[PDB]
S.K.: 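Below you'll find the structure I mean.
We're sticking with the PDB entry numbering for chain A, so the shown stretch reads 6-360, 381-407, in order. Numbering of ligands and ligand atoms starts at 1, following listing order. In what follows, every heavy atom counts, from backbone to side chain, and hydrogens, waters and symmetry copies are set aside.
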Amino acid sequence: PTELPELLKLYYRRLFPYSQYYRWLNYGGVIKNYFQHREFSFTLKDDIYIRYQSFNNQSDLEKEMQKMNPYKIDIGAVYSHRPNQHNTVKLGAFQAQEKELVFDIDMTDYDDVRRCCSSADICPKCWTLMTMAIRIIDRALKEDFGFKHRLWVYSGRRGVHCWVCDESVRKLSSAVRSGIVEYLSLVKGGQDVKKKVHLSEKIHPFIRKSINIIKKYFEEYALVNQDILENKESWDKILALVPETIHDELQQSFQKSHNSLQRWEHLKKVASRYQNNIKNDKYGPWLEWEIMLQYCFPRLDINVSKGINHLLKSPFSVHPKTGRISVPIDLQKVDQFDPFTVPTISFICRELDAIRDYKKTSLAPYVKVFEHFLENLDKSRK
Ligand SMILES: Nc1nc(F)nc2c1ncn2[C@@H]1O[C@H](COP(=O)(O)OP(=O)(O)OP(=O)(O)O)[C@@H](O)[C@@H]1O
Ligand SMILES: [Mn+2]
Ligand SMILES: [Mn+2]
Ligand SMILES: [Zn+2]
């Protein structure tokens, strides 16, 4: 990590997409002081960071970034005054007023249903959890809430970010933001809780449509790549999510079967014949769905979305612990996104001078994703 300083110096001088970055956060320049009242937080060397940075224009941002060469850049809220003037403001008047609705998803939050990685590690076997998270959440944001300007970003290490940028979304209060999160959440409980998903008799359309997305990926991700029913050590973790009165019946049919595909098929048949309520003769796949949701449904870092003033790593910032650049994700190629081809700052600095802007490097197609998102914002403003 000692190479970072000179690599960052070249990155911010020749590669960082300043014009596209300002086109984003200036939002057409129609509202006064909108960019000028935006907080930036720079992380420097040795985990030292500065809060409440703000700039007058694109040029002032360029000069300060090329002067500070920060290890990472966080974006905060748009405030009532210039953040760099917040000490001259009378107490109580400095307030966060607007910010994009953001989401942060971390692979670590799935450690209880991951077999391949743990902590901040990721691999192709578990990245499909992010593919499903993007598609489930983005569908809800697009179709259920009518949000039209959504930027998905690779966080650089262990997950993804989403920036919802509709002008009315940026005005939402903390309370409404929490209400949106609650609408989107189904997996509830810490490590103390065994069964984290419970469904009602009547399935809300959001749950049905999310289930059907998971169904497209469940066989190859859960029963092959993860092999969640490989042996007793792992299939007892799934029996913890079903009533005891059917453990015996499932225990035997599992040992008689030979792979997870067969054992899942047996679980579905038993689960759909379990009598949940003795009052009625109503049966269904509720248990089947609760298992699929607990293993695949998106798990949000909820506090990132609730707070208006919460900082989030900027797109095209470096992740200082991996060297990877936080790059936009092509929503039209979400299934093909490979976090392991994401260029590091070292990689693109090498491409630049191998026999001078980002188009000469592997960062170019990621900027094009950002530009497509920017052109849709400009169209909604015309
Ligand atoms: N110490 C922190 N203080 C403040 F004010 N904000 C913080 C601090 N640590 C993270 N954040 C913010 O939370 C966000 C989510 O934290 P997180 O650990 O998830 O970082 P990330 O940028 O999403 O990257 P990875 O998950 O892939 O490791 C960060 O992007 C922001 O910096
Ligand atoms: Mn994260
Ligand atoms: Mn997080
Ligand atoms: Zn993995």
S.K.: Report the name of the drug modeled at ligand 1.
M.R.: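 The drug is fludarabine triphosphate.
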S.K.: What's the chief chain around fludarabine triphosphate in this model, going by UniProt?
M.R.: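 Its main partner is DNA primase small subunit.
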S.K.: Which residues would you count as binding fludarabine triphosphate, with heavy atoms within 4.0 Å?
M.R.: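 Counting heavy atoms, the site comprises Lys77, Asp79, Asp109, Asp111, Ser160, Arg162, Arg163, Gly164, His166, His315, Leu316, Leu317, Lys318, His324.
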S.K.: Checking heavy atoms only, which UniProt-annotated Mn(2+)-binding residues of chain A fall inside 4.0 Å of fludarabine triphosphate?
M.R.: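 UniProt-annotated residues with a heavy atom under 4.0 Å: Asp109, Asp111.
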S.K.: Considering only protein heavy atoms, which is closest to atom 11 (N) of fludarabine triphosphate, and at what distance to one decimal place?
M.R.: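 Atom 11 (N) of fludarabine triphosphate sits closest to the protein heavy atom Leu316 O, 4.5 Å.
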S.K.: Considering only protein heavy atoms, determine whether one is less than 4.0 Å from atom 3 (N) of fludarabine triphosphate.
M.R.: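 Answer no: nothing from the protein, no heavy atom, is under 4.0 Å.
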S.K.: Around atom 18 (O) of fludarabine triphosphate, find the nearest protein heavy atom and jot down its residue, atom name and distance.
M.R.: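 Here the nearest protein heavy atom works out to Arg163 NH2, 2.9 Å.
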S.K.: In fludarabine triphosphate, which numbered atoms sit nearer than 4.0 Å to a non-hydrogen atom of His166?
M.R.: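 Result: 21 (P), 22 (O), 23 (O).
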S.K.: Using a cut-off of 4.0 Å, list the other ligands and ions near fludarabine triphosphate.
M.R.: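 Found: ligand 2 (manganese (II) ion), ligand 3 (manganese (II) ion).
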S.K.: Give the numbers and elements of all fludarabine triphosphate atoms closer than 4.0 Å to a heavy atom of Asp111.
M.R.: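 Reading through fludarabine triphosphate atom by atom, the close ones are 19 (O), 26 (O).
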S.K.: Identify the closest protein heavy atom to atom 15 (C) of fludarabine triphosphate: which residue and atom is it, and at what distance?
M.R.: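 Scanning the protein heavy atoms, the shortest distance from atom 15 (C) of fludarabine triphosphate goes to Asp109 OD2, 3.4 Å.
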S.K.: So which protein heavy atom does atom 28 (O) of fludarabine triphosphate come closest to, and at what separation?
M.R.: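 Its nearest protein heavy-atom neighbour is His324 NE2, 3.0 Å.
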S.K.: Nearest protein heavy-atom contact for atom 29 (C) of fludarabine triphosphate: which residue, which atom, what distance?
M.R.: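 The answer is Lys318 N, 3.9 Å.
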S.K.: Which residues overlap between UniProt's ribonucleoside 5'-triphosphate-binding set for chain A and those with a heavy atom under 4.0 Å from fludarabine triphosphate?
M.R.: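 By heavy atom, within 4.0 Å of fludarabine triphosphate, the UniProt hits are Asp109, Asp111, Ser160, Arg162, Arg163, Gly164, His166, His315, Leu316, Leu317, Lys318, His324.
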S.K.: To the nearest 0.1 Å, how far is atom 10 (C) of fludarabine triphosphate from its closest protein heavy atom, and which atom is that?
M.R.: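 Scanning the protein heavy atoms, the shortest distance from atom 10 (C) of fludarabine triphosphate goes to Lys77 NZ, 4.6 Å.
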S.K.: Is there at least one protein heavy-atom neighbour under 4.0 Å from atom 25 (P) of fludarabine triphosphate?
M.R.: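 Neighbour list for atom 25 (P) of fludarabine triphosphate includes protein heavy atoms (cut-off 4.0 Å).
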S.K.: Looking at atom 7 (C) of fludarabine triphosphate, would you say a protein heavy atom lies below 4.0 Å from it?
M.R.: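 Not a single protein heavy atom is under 4.0 Å away.
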S.K.: Output the list of atoms in fludarabine triphosphate that are nearer than 4.0 Å to some heavy atom of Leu317, sorted by atom number.
M.R.: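 Reading through fludarabine triphosphate atom by atom, the close ones are 14 (C), 30 (O), 31 (C).
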S.K.: For atom 27 (O) of fludarabine triphosphate, what's the nearest protein heavy-atom neighbour? Residue, atom name and distance, please.
M.R.: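 For this ligand atom, the closest protein heavy atom is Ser160 OG, 2.5 Å.
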S.K.: Can you check whether a protein heavy atom sits less than 4.0 angstrom from atom 20 (O) of fludarabine triphosphate?
M.R.: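 No, no protein heavy atom sits under 4.0 Å from atom 20 (O) of fludarabine triphosphate.
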